[PDB]
Amino acid sequence: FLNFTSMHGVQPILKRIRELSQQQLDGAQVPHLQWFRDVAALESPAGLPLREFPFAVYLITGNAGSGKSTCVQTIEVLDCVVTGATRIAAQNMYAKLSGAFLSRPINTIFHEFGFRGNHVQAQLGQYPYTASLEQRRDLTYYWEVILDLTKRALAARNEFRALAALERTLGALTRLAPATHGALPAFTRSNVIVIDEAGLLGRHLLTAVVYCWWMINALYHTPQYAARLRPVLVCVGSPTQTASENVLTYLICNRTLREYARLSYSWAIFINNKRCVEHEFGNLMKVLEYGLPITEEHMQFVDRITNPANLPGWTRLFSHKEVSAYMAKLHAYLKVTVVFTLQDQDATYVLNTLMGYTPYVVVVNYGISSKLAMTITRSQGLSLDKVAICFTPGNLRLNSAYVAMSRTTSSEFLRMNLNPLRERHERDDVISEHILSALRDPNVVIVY
Amino acid sequence: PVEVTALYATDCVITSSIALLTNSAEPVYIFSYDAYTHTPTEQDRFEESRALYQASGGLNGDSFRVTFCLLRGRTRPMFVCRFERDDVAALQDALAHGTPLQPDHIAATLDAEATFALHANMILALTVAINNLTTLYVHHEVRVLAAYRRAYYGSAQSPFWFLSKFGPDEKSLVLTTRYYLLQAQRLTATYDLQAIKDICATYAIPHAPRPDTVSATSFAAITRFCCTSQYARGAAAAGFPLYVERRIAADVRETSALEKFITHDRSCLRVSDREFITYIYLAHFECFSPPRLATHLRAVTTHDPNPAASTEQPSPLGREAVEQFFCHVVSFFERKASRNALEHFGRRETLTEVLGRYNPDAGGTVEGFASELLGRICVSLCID
Ligand SMILES: Cc1nc(N(C)C(=O)Cc2ccc(-c3ccccn3)cc2)sc1S(N)(=O)=O
């Protein structure tokens, strides 16, 4: 069907990735398991040596609705571990890629990477630090997690070395170890790790993923480890619409990471938006992003709610408390009015599917999803059709405006209170400058 | 000797396959099947592929080597049978009329050396795990079953899966399934499934009404729904892979030729940022518009499978650089964008057009809504 004559632009992509992961490292640079010991013994990050954990990156960026997921669909001629940054993203790619062909249950990066329960409740960044790829600052940052993960991994092998020894009697049986054992993590089977929507991750989490991948590959002596094979993270995401510092931003901005990764030769940009169908909205969104100058002409189209009276089935995007106030008053007045009234929200549930009750309300328990009022920050990733924005001035940033106005297919369903392009608004043009220079690079690949 | 790759199925298939190797089993269905002779001009390639199939004969060969397989690599063999006897008749029935192959014929044709050659490493692995012929299924059964679940991934699907993923139409099912799962690896075309579906849609060959118009339940009838299809035998089945290559050649020629112009002009236009983004989107529109994509897809469409006919004609996609690539060097990138959006998005009328409709500056409606705050105190500027 005609909408997929950008698939031809996806093949060069795969070539690079196939080129990028076939590359073997030299033996003196491959990390050795002894490194991951005495990390388990070191009490405070102060004793970490300068050691370069290798990796490669092939980055994917573009607005939502650009078709950035079509690349992840096409990466099923390559052996890969597709993973997501949020459970929502993981399920979204499960549905997206399991609708096209076979697909193993896609987990978040935290199910890979070993992240577990006793890791959310961990304060981070307490240890200080004062460039070279020689990563240490990231592990110092994210050290409670890294330390606990390494201690757990060492505390609990020979699943792979045994087959290697048996073949040393007579490298094949090593590859069949995943088929035989049902617990070995997915980092053990491939070096291509695709991360959907990488902007929802911390800039330290790149180094942590590279670290734990090498750690599992060493603690298990998996064949790719024996092949001097290096991690290849394919970070698909939206830099401008997603937000510390982003992994995608970390890669696009940091000059030593931008030159070790050699991005200009290893980056694809998705320029299209199959979602929006109206021209002026498209031009506005094209400006918001790409950081073009704001004109009175781009005004006069943005020219073209707190009361719950009249916009039923419209989501009011507010910062954190205003949502609570709105929903509270919603429930409070619907008492005197289809619906009725009975922790991420404020208390008391509306019957709009959330209509039936007993207490498996419709489901095991009663933490639920409303999709009625939900903040701008949480609005990211979730694509809607029933938007109505409530910007507050004095802390207005065009990142927030560009997000909030881009959750919906058509501007016919767009409402808000103020003009974010008219009031005082903070310009964060550094990402836009980088992306726009990137487009202007002959080695970068661009897909319409 | 006519080699054949058969993607069979069983009403799990892993349990039946292990049992069949074990000589301990259910009838199987050759869903899609390849056919190739070992050891050329595309004319000769089409002729040989055609002559191997036949309108009448299921397969023009006296001796057959059948690798039965299941679902990088998208299919993986399970066991290799041979057919020299008059049991070849059963193979002809299965490949031609879709009749299931009974287990007894399989066992009588199971070439033990080749089948167990490609299993030995897996038995070794199972033993090693247990230590920490194939008949480990008698004791430590569940472990062997689970390991072979993990080994042949997604080889235990539903009929609905093959019917849904691999096409709604007969043509899509037969040809796309066969190509993608078998001939892509055998024969280039490391393309996604949807890509080959789109290429199949362009394979505009003579369709034929079904002698018994049916469609769709479970694993009994999709085999007869495919092996009897006109598309599985003859010029169509013999010319589909060659046309996949030809279509990709034409496309990639056009797309790469236009990427050259875009990429160069993208890295040489010393230009303002506004005009840069205007230019990038204008170039992509002028090259790959829905109208021009439709024109090129028609230009690459074939109507007769034989590459000697080749109803496809040379494409105009790239030669339409004349309209936009005047970049020899109000600016031109804006005015082309205008004379262009006017076409593809519509006429945006004008302000005077509605000022005529109001002939509110004097019409009382200036105080018709602006003076009607209506309790809210367009409106509230300094609400799209
Ligand atoms: C007439 C025309 N139509 C054109 N299309 C189809 C488009 O822009 C399609 C599009 C629309 C929005 C975006 C986007 C960009 C950044 C953030 C969000 N979304 C990308 C792509 S481009 C031209 S023109 N006037 O240059 O010939």
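Naming convention: chains lettered A, B, ... in sequence-line order (proteins, then strands); numbering from 1 in each chain. Every number for a ligand or one of its atoms is a count from 1 in the order of the listing. Every heavy atom of this structure was used, including side-chain atoms; hydrogens, water molecules and symmetry mates were not.
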Trainee: Which pharmaceutical agent is found at ligand 1, per the PDB annotation?
Mentor: pritelivir
Trainee: Out of curiosity, which chain makes more contacts with pritelivir (ligand 1) than the others? Name from the PDB entry, please.
Mentor: DNA replication helicase
Trainee: Around pritelivir (ligand 1), which other chains have a heavy atom under 4.0 Å away?
Mentor: A, B
Trainee: Find all residues with any heavy atom less than 4.0 Å from an atom of pritelivir (ligand 1).
Mentor: A:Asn63, A:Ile271, A:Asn272, A:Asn273, A:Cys276, A:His279, A:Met285, A:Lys286, A:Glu289, A:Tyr402, A:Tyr448, B:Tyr281, B:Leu282, B:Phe285, B:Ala337, B:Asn340, B:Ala341, B:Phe345
Trainee: Name given in the entry to chain B?
Mentor: DNA primase
Trainee: State which residues of chain A, listed by UniProt as binding ATP, have a non-hydrogen atom closer than 4.0 Å to pritelivir (ligand 1).
Mentor: A:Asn63
